[PDB]
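Let me begin by presenting the structure, written as C-alpha cells, before commenting on it.
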There are 2 protein chains.
Amino acid sequence: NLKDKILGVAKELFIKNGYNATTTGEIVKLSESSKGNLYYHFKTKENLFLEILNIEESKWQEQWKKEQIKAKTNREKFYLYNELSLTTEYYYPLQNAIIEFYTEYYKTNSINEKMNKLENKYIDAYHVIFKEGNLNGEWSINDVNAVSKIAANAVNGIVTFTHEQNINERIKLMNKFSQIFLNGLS
Amino acid sequence: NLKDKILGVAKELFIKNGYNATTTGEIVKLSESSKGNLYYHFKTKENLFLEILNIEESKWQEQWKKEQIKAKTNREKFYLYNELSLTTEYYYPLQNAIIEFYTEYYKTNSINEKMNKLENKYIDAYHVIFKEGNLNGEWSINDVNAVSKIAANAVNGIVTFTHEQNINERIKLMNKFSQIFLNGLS
Ligand SMILES: N=C(N)c1ccc(OCCCCCOc2ccc(C(=N)N)cc2)cc1
C-alpha cells in the first residue's frame, strides 16, 4: 500500500528517533512519495503523527481485548494489562516521541486537544477495569476517573522510565506495583 | 572555574536553544575557553551535558534536604517529595533540553550507562524515605530497593504524562496517588 506504507515508515523513525528528530524529508526519501501526498488525510506532519498515534492506540486496545479473556477477576485484569504494557509492540514504544511532541505543541490549542482526546482511550481500559470491579464488588473506588488517570500515568511511567534493564526485572517491578496499587484501593 | 564557567554558560545555552542546536564552539567562545580545554574536561557535548545534569541533581538534593524538615514523618516526606517534583518540574527550564537529550541517547550505551548512575541518585531519595519509614514503624517494607524504583518511575509518569491538565488537578491526582500507594504498603 502507500497511504498505509508511509504510516509504517514514519512510525519506525518516530520511534527509532523522535518527533523533532525524524523529518518529512526523511519520511519521503526512505518511503518514496511526493510531498503533497502527506497533505490530504495528512494535513501537517503533526497530523501524520497524531495518525500513527491513533492506529497504535487502536491496535493495542484491540489486542488487549483479545487477551483480557485470560483474566477472570478485574483484579487480575489490572495485573495483566500492566504486564502486557511492558511487552506489546503497540503504542508504548512511542512514548518518548510523544513526550517530545507535547513539549513543542502545548503552545498551540489544537494540540492540547487531540493529545487530550487520545487520553480518553488511554485511560479507558482502567475505567472499565475499575468500574467493573466496583460492580463485581472487588473493591470500592468513588473517584474512578481520578484512579484511572493515576494508574495509567503511573504505569506508563514504569514502562517508560525503566526501558533499559532486563525485561523480567521490569515485569517483576510492574507486578509489585499492581500489587501495592490495588492493595491501597481498599 | 574556567571549567565551572563552561558549565554555567553551556547550561544557559542549552536552556535558550536546547541540546541539538547548541554547539561546543558557542560554548568555547562564550566562556572564553578553548576546544582543547573543553575536550580535556568533558571529551564531548554529551558528556558535558551529563556533567551539567549531575550538578543539577546535587542542587536538587540540597534543596530536598532543606525542604524535608517541613515533614516530621516519612509518610509526610513521601507526600511532600512527590508534590515538589511535580511542581518544580512544571517550571524547570532545562526539562526540554533534557527531554531532547534522553530521547536521543537512550539508544547508545556510552551515554545510557551514566544516565543510570544519575537516575539511581534520584531513586535514593525514595530509598532513604522508605528505609527510615521502616525504622520508625511507619510501615514495613522488605523490598526497599524495589518499592523505591517503583515509586520513582510511577511518580515520574504522573509528572510527565499528565501535562495536559490545570495544575491543581495534577497536584490533586499526585496526592491521591501518594495516598493510595502509601496505603497499599501498610
Ligand atoms: N539552583 C537550584 N535551587 C536548583 C537547581 C536545579 C534543581 O533541579 C530541579 C529538577 C526539577 C525537576 C524535578 O523533576 C523530578 C521528576 C520526578 C521526580 C520523581 N519521580 N521523584 C523528582 C524530580 C533544583 C534546584
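By convention here, the chains are lettered A, B, ... following the listed order of sequence lines. Chain A is numbered as in the PDB entry, which gives 2-187 for the residues shown. Using the PDB entry numbers, chain B covers 2-187, in order. All ligand and atom numbering here is 1-based and tracks the order in the structure. According to its header, this structure was worked out by X-ray crystallography, 2.6 Å.
As for ligand 1, the drug there is pentamidine. Bound to pentamidine with the most contacts here is the chain that the PDB entry lists as Transcriptional regulator qacR. Other chains near pentamidine (heavy atoms under 4.0 Å), by letter: B. The entry gives the source of chain B as Staphylococcus aureus. Binding site of pentamidine at 4.0 Å, heavy atoms: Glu57(B), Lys60(B), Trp61(B), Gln64(B), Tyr82(B), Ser86(B), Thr89(B), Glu90(B), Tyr93(B), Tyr127(B), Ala153(B), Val156(B), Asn157(B).
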